[PDB]
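Entry overview - Tubulin beta chain with podophyllotoxin in place.
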Amino acid sequence: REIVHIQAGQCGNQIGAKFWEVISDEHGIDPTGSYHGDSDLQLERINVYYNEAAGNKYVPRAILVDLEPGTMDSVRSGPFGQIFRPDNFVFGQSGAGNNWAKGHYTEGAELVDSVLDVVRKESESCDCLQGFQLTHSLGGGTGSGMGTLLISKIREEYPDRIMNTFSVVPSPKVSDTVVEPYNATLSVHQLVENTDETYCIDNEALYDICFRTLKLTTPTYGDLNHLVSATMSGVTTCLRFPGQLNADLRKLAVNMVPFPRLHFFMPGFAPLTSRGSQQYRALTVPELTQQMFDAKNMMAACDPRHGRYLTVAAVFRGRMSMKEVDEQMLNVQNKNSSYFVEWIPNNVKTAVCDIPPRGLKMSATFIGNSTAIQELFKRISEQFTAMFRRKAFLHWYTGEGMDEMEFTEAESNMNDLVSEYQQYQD
Amino acid sequence: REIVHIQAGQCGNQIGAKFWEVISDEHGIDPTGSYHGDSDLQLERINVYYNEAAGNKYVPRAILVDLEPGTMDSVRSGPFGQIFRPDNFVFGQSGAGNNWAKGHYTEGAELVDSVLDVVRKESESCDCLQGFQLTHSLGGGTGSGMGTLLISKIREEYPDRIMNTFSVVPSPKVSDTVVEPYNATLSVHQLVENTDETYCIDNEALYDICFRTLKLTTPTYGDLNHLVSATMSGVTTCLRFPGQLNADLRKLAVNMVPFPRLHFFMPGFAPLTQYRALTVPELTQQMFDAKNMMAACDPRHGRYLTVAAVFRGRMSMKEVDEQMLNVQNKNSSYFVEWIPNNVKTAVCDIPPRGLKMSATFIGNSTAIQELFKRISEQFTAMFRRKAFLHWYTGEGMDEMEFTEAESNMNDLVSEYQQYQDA
Amino acid sequence: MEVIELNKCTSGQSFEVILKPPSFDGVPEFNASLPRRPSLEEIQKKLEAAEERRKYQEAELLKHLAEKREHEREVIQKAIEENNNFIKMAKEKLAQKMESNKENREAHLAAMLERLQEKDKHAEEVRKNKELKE
Amino acid sequence: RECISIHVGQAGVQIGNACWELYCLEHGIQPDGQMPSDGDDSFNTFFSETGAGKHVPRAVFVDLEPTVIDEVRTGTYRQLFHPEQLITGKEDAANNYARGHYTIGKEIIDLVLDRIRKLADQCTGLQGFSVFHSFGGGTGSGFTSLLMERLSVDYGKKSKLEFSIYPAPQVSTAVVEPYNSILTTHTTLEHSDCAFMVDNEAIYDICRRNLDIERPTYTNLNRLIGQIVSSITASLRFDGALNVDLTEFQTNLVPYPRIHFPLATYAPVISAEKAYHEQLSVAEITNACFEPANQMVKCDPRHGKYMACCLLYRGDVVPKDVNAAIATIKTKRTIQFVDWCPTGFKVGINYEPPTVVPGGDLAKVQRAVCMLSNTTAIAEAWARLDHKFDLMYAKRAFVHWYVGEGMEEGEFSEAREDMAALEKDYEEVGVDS
Amino acid sequence: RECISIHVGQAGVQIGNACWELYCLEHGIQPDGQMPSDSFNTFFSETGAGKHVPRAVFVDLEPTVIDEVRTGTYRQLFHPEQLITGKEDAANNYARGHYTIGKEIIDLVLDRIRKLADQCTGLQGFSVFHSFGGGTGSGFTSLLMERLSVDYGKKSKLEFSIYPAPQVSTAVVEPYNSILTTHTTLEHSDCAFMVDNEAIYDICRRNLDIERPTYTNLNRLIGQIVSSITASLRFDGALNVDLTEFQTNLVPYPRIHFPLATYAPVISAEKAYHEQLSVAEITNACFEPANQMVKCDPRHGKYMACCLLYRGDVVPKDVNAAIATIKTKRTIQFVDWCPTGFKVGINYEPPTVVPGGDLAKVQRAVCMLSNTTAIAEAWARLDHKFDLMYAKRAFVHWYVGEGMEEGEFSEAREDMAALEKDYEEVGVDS
Ligand SMILES: Nc1nc2c(ncn2[C@@H]2O[C@H](COP(=O)(O)OP(=O)(O)OP(=O)(O)O)[C@@H](O)[C@H]2O)c(=O)[nH]1
Ligand SMILES: Nc1nc2c(ncn2[C@@H]2O[C@H](COP(=O)(O)OP(=O)(O)OP(=O)(O)O)[C@@H](O)[C@H]2O)c(=O)[nH]1
Ligand SMILES: COc1cc([C@@H]2c3cc4c(cc3[C@H](O)[C@H]3COC(=O)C23)OCO4)cc(OC)c1OC
Ligand SMILES: COc1cc([C@@H]2c3cc4c(cc3[C@H](O)[C@H]3COC(=O)[C@H]23)OCO4)cc(OC)c1OC
Ligand SMILES: Nc1nc2c(ncn2[C@@H]2O[C@H](COP(=O)(O)OP(=O)(O)O)[C@@H](O)[C@H]2O)c(=O)[nH]1
Ligand SMILES: Nc1nc2c(ncn2[C@@H]2O[C@H](COP(=O)(O)OP(=O)(O)O)[C@@H](O)[C@H]2O)c(=O)[nH]1
Ligand SMILES: [Mg+2]
């Protein structure tokens with residue numbers, strides 16, 4: 001098939017931008033220009049991620065959405081700014097948000113159509129559609145509330161085609177607001193119901209990796225982001241690249257999720273961090289795997305251990321041998337055989353690809369549907385359950401025009417999800 | 001009288017071709033041509049086997065039948081190819097068969113009439129008809145199933161006239177298919193009920209003679225057939241040849257069979273496969289041998305009902321009549337006393353193949369049962385847990401139809417076995 | 001000894017040496033029978049009732065055979081009947097399983113589409129609840 | 001007066017063919033034409049003098065295939081009959097009485113029965129028919145009986161004489177032979193006035209001791225029967241007492257209704273090569289007359305009694321000898337004359353010397369004899385036959401081939417059961433009180 | 001007479017592509033043109049006045065695979081018409097093929113194939129190659145097969161199925177997919193050739209000695225088997241061959257029985273000069289648990305029909321002496337009621353292997369097709385997988401989602417239950 005991409009909400013935006021510019025120079029694209037890497041591969045599938053307009057140029061099938069100017073003009077002036085087509089930007093003008101309510105109801109619906117329509121003109125343009133990947137922030141409004149609407153309006157116009165997100169679930173540590181739970185728990189309700197798959201990048205791991213295991217004292221929003229970026233490269237790999245599989249996202253659903261309740265994957269990466277070393281290269285492949293299936297190395301605040309694995313997909317990248325890899329992978333599912341659902345016979349498949357990411361001559365990455373993920377939900381609920389208790393900051397949405405019962409009804413959707421994951425440790 | 005001949009089913013065909021060309025050059029016929037043997041005899045009775053068309057030429061009264069081209073065009077291109085009349089070939093196109101069912105029901109009736117009719121135009125052509133001799137394979141479809149139908153349609157249009165066959169009953173050694181029993185036992189039922197006489201050439205003796213007593217290590221279908229061919233020459237001899245008797249096939253029924261149940265003759269040949277010195281004692285001895293019969297069977301384990309034997313060459317009924325007798329004494333035991341003269345013997349002055357001295361043997365012996373009991377034994381054990389059967393169930397047959405043919409056979413056995421009495 | 005001369009002719013002569021006479025007063029009666037079969041042209045009609053048996057056997061075993069004959073015609077027929085008769089079944093239970101498919105997904109669809117439609121007569125009927133607090 | 005030969009049946013035919021041959025040789029008949037040689041008839045006994053050259057027999061040949069009959073229409077003698085006296089049935093030999101007497105016979109019986117009247121239509125007062133046929137064997141086992149049935153219906157008085165050929169294990173044809181004789185001879189016996197059995201195993205056997213051939217050819221046998229047959233008849237083709245006219249044939253030979261089959265014995269059979277040793281004692285020819293080995297039906301009348309006796313001589317022979325030779329026959333004899341039948345010895349010298357066929361086997365005989373005796377012992381042969389039959393029928397042997405052509409099994413039990421009567425009839429005459 | 005190859009399904013396609021390759025090499029076909037150097041007509045139709053072209057159909061529901069056929073040589077060897085590409089949505093569930101996405105293309109395919117048997121004076125049947133598990137060849141295959149039977153009642157059909165092997169396999173859902181297809185499918189196939197990768201792969205270890213097995217690698221090996229399998233009816237068809245006798249000769253019972261396959265001397269180049277393999281050994285090694293085709297062993301199960309297809313310089317006098325000696329050093333195991341099958345098919349024609357290749361010049365090779373109870377063992381290992389997933393609706397709702405009744409599942413697996421008993425049931429009688 002072939003996919004298009006929605007990138008909404010200040011975070012979701014930087015995430016996608018720092019994404020776009022990492023993958024773009026994997027395939028050898030200049031700020032506008034075309035190819036500049038006399039290595040051949042790259043382009044077979046450049047397909048899936050780039051509609052290509054006049055002359056050379058390559059232009060990503062990407063749509064930019066926000067409810068305040070600023071954060072787009074940070075991509076426009078900056079990185080690979082000159083890449084995205086101009087009528088593909090959808091600036092909101094408007095009040096920011098930073099309350100779901102704003103972006104899902106008031107200033108939300110305000111835009112919807114303007115965006116909903118440019119999305120149509122790009123997906124109707126594309127040859128046979130796959131689905132959409134949207135990148136957004138699960139806490140705080142524009143893209144927690146907008147994006148969750150967006151989907152609940154995509155799905156509906158596109159019920160055949162499938163639904164993907166990278167959601168950044170917020171922390172108490174380098175988060176901004178003490179409304180976050182409200183926003184996450186409101187989106188997270190929406191999420192569960194209309195994505196066929198979602199990746200959770202929890203900022204908590206994202207911080208924890210940055211300082212607790214990467215020397216870095218004051219974690220930038222950048223020296224932090226480059227993480228998620230690099231993860232996202234290595235998660236999409238297969239649908240971007242060679243001959244082996246190619247992965248219809250569909251294929252990556254009905255292979256990753258046993259259960260309708262879209263079960264969100266924690267990702268995990270291989271070797272990591274900023275610039276100032278650990279390009280040792282000597283990341284032997286035992287050494288790669290070991291570091292990949294690690295608690296202190298997952299993309300969500302979660303240590304598999306306290307949760308068995310449902311199904312798992314891991315892809316390697318570089319110049320090595322499935323000779324060692326297929327061998328190595330197996331000594332994991334034994335020296336770990338216990339936590340790994342036996343009732344799903346082959347729950348772990350493994351791919352190789354000859355073209356490295358970033359620096360790295362050897363680099364893998366990991367997609368993981370594990371009951372372990374519940375840990376993370378139970379936590380947002382924990383802050384929420386304790387806040388909405390004596391109805392704390394709430395009167396802040398009551399006002400943008402929501403119902404009291406709507407929180408509980410989203411709360412005990414969550415509080416179910418938990419109690420289903422926990423149920424599948426059977 | 002005068003006879004016509006049906007040669008149906010890839011085996012039945014080679015058998016009849018290798019026949020036709022052996023007998024034809026006994027009478028001195030060229031691929032088309034006429035006579036080329038300044039010896040006189042030959043032609044009196046050339047009659048009985050050859051209707052003769054324009055100019056010289058001689059053409060056999062023969063009809064060729066198959067449900068797939070191939071095997072005729074193996075005669076057409078080949079031996080005495082140019083002999084047979086073209087609108088006498090009846091190619092099937094069609095699926096092969098290799099299930100009786102195919103050749104007796106589906107692709108079978110498909111052709112019937114086309115053949116049945118050419119047979120009519122040849123028998124209505126002939127002066128006073130004798131009957132028909134059909135050569136066919138009792139195991140595997142086209143001619144186990146076709147031929148069996150054919151007769152069960154001949155008989156019916158020709159109830160006066162009489163019914164002959166050379167049936168090749170198949171083995172487990174140099175047979176082809178694990179269905180054989182089924183086909184045989186199906187035909188064998190049919191056989192019993194509408195032939196007035198049948199000869200059994202069991203491939204098992206045919207093999208056993210070829211290797212067990214004839215040096216030959218990998219038995220061809222050819223270096224194998226020439227056996228049956230030769231036998232068939234020497235079995236028809238009398239109705240083809242001189243003055244002595246001449247044998248109305250009729251005459252050869254009501255002399256060979258005491259019992260309606262058509263009792264099939266095992267044949268036996270003389271020398272096989274050129275010392276000449278085949279003294280005649282030496283001939284008889286080798287002829288009335290276990291290791292020399294045309295059906296897997298060793299008379300011993302069966303008495304003889306009635307037996308007919310013809311000698312061929314320049315020798316003397318002076319020694320032969322004398323020799324035959326010293327058999328029916330050094331063997332007197334096994335030889336029904338309740339049929340006074342059960343053994344007659346003929347001489348004829350013109351040798352077959354190579355051979356200056358050569359005889360052959362026609363044998364109605366309760367011994368033959370041995371062979372039927374065997375097909376039954378493979379069958380009885382197969383149709384048991386209804387093995388490959390669902391293969392005919394499909395072409396549209398009945399379960400009970402097998403049992404009803406099985407316990408026809410298994411009767412036949414138990415009648416032959418019954419006539420070891422006095 | 002005496003002879004007894006019986007005729008004399010152009011080309012022969014006969015007699016009798018009767019040698020000793022018999023031991024006689026006449027005697028026997030050995031199938032010299034008092035009812036003994038003078039026979040009769042009427043028994044051509046004995047030649048017939050034998051040939052009405054042949055005409056029989058022929059006509060009732062050409063009957064025990066057009067009998068066989070016309071079962072055949074019905075086996076090859078119950079096979080055009082076997083086949084024809086299973087096309088018409090697994091040919092039709094094919095498309096029957098295919099209305100059960102376009103129909104069932106017609107549901108799990110426009111009933112998935114159903115949820116995401118009063119999620120919407122709620123966005124807009126509690127934005128006309130924007131007119132509430134303010 | 002006159003006399004029609006009927007030869008139904010392949011054997012009959014050839015036999016006919018080969019005694020008609022001898023008829024000619026004897027009367028002076030070049031195949032085609034006249035006796036043209038340098039009272040009013042005498043040879044007319046058998047023949048009618050047609051055209052104004054031709055001599056032609058009073059003959060009929062019937063067989064149900066051509067084959068045999070044709071050969072008559074091929075080789076000289078082919079001129080000697082009318083094509084009309086030569087009925088060929090082109091259809092289906094047979095090999096069972098059932099065939100002839102019923103199935104295939106029905107067909108031709110009319111055309112035959114016809115011609116033969118057509119033949120006795122010339123004839124100022126016919127006498128009867130001598131009818132020659134094979135005992136066993138399809139159409140002359142079978143058809144012979146059918147012929148004979150009708151014959152008796154059409155010629156009530158006029159008497160009938162069968163020359164039967166009783167079949168011999170070695171020089172025979174088919175398994176079913178017994179069934180066939182026994183079958184015919186049952187039906188046949190009530191319609192024939194006297195009947196000449198001829199057993200091959202006796203002729204063949206003679207052609208061994210006498211003609212010294214390891215060989216016996218069909219033809220061989222025939223000329224020999226041919227000869228006897230000459231001597232048998234010919235009393236009535238030459239006219240000279242000792243029986244001429246058929247009625248003298250029962251009168252002098254059968255004392256009882258039951259067809260009795262006289263025993264035959266030709267005199268000096270002797271090969272050429274040896275033909276110049278001759279002069280055979282008018283006594284020896286007689287002595288060798290009473291010779292088990294020199295018989296005609298394999299048996300012996302040392303075992304049985306005699307109930308009528310009959311010498312037919314032929315050659316330079318004045319009775320004064322015969323008589324002296326009878327005398328000496330009786331005292332060196334187990335003579336055995338039964339009880340109640342003074343002593344038959346009708347003697348028929350016949351002057352006319354007995355020409356034999358010129359290629360031949362036998363030669364110039366200046367005196368020969370014939371001896372027709374009815375003796376109980378002729379039964380022995382009936383027994384040998386029955387027993388064969390008996391033992392086949394005991395298992396329906398081939399039965400169903402006749403039942404098939406359309407007979408009742410009951411013809412069988414009821415036929416063999418007639419031999420049962422005859423075999424008792426025979427032994428019954430034996431040595432009385 | 002004639003014979004249409006149908007390759008549905010990505011596996012089937014590549015397999016096809018790589019035994020059609022072997023076909024050519026064997027018959028003398030330069031990709032484009034003629035053998036310029038009937039009988040071979042068994043499969044092909046001699047079109048134009050130059051080019052030889054197969055009786056072939058390829059179907060898959062994405063391009064990708066099929067395109068590679070229209071790229072590299074052999075790209076000249078088909079019509080673009082025999083090459084159906086469905087551009088749309090691969091799948092990975094039977095529910096996909098057999099119902100959702102299949103519905104779309106079934107017509108256009110069902111078409112072309114008749115169009116193809118429209119040339120053909122009396123077709124014989126189709127051999128259909130497809131993957132056991134895996135979207136469109138699990139799914140569509142079954143759909144194809146339904147329809148086929150409706151349109152060619154008599155004409156018999158032969159599946160070549162690839163039974164999927166935990167290590168060199170694709171998706172979790174594979175069990176569901178085979179068990180699904182093989183239920184529907186089994187009513188409509190007249191005999192079916194299972195091929196299990198874990199046996200091929202496993203052969204390419206002991207025999208080809210590659211730590212590697214490449215997809216292509218496996219293919220050329222199956223390709224070979226398939227050559228020997230067929231080719232009774234391509235080469236020796238100088239006249240009278242006709243299925244119904246590969247048939248008649250192998251399955252004793254309605255239930256589609258999947259014969260067991262076993263190629264003879266597989267042996268690498270580098271090692272190609274050691275040759276002269278005992279006409280006895282190729283036979284002895286034929287009866288070799290390790291040298292099989294479907295991972296299992298007939299030491300455990302009984303035999304109910306047996307069949308040797310030789311290929312090379314071979315007079316029977318040997319084969320026979322080599323059977324004899326196979327009899328006495330054997331747990332031979334011939335079941336009860338089927339006197340000893342041993343249809344022997346020597347084929348004179350030596351077995352050309354691919355020139356780059358892996359295997360080399362073989363002067364004599366064998367094949368051995370046997371229907372044995374033991375072939376069940378593999379049906380068990382499959383079922384059990386399924387059994388244990390379904391025990392928790394595992395992925396069910398993805399099929400239910402595209403529009404199936406759950407009851408197709410219980411009612412499918414419950415057919416295997418039947419077959420699995422059927423199988424064991426034949427075993428050692430009274
Ligand atoms: N003595 C003698 N017997 C013969 C002759 N020809 C045949 N026979 C015998 O007659 C018996 C059978 O009679 P056939 O004349 O052969 O048969 P048929 O029924 O009269 O005529 P067909 O229909 O030709 O069979 C056999 O026992 C033969 O031995 C012959 O020329 N001389
Ligand atoms: N032996 C063999 N197996 C293959 C090959 N290609 C795929 N497979 C197997 O086939 C099974 C799945 O079938 P696929 O052909 O891959 O999928 P499909 O439904 O037919 O086609 P897609 O729509 O492309 O998914 C897996 O177990 C694979 O191991 C091949 O070339 N050789
Ligand atoms: C695009 O993303 C990917 C998707 C897949 C999934 C996947 C996922 C599985 C799985 C199998 C498979 C299957 O082999 C693939 C075929 O197509 C895919 O998308 C697959 O077993 C357990 O989980 C496999 C991937 O490689 C590990 C992958 O790499 C990023
Ligand atoms: C055409 O085939 C033949 C047929 C006959 C049979 C045959 C068969 C007999 C038998 C006799 C006779 C009889 O003399 C024959 C007259 O016509 C025949 O067909 C006969 O006693 C026991 O079995 C006899 C034959 O010669 C032995 C013969 O030769 C092949
Ligand atoms: N890791 C990642 N998370 C971010 C980033 N910016 C904000 N967030 C997180 O997302 C939450 C708010 O998302 P944001 O994009 O600022 O809100 P919005 O743009 O108005 O939708 C905060 O709790 C942050 O922890 C970003 O730079 N990267
Ligand atoms: N001896 C003889 N038997 C043959 C020949 N060909 C086949 N058979 C036997 O007959 C059986 C099959 O007959 P076949 O002619 O092949 O079948 P059909 O032609 O379709 O009727 C096999 O078991 C063979 O053993 C032949 O050449 N000669
Ligand atoms: Mg697929």
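Proteins come first, then strands; the chains are lettered A, B, ... in the order of their sequence lines, and each starts at number 1. Remember, it's 1-based here, ligands and their atoms both numbered in the order they're listed.
For podophyllotoxin, every matching ligand or chain, copies included, can be listed as ligands 3 and 4. Other chains with one or more heavy atoms under 4.0 Å from any atom of podophyllotoxin (ligand 3): A, E. This deposit refers to chain E as Tubulin alpha chain. Source organism (PDB entry) for chain A: Bos taurus.
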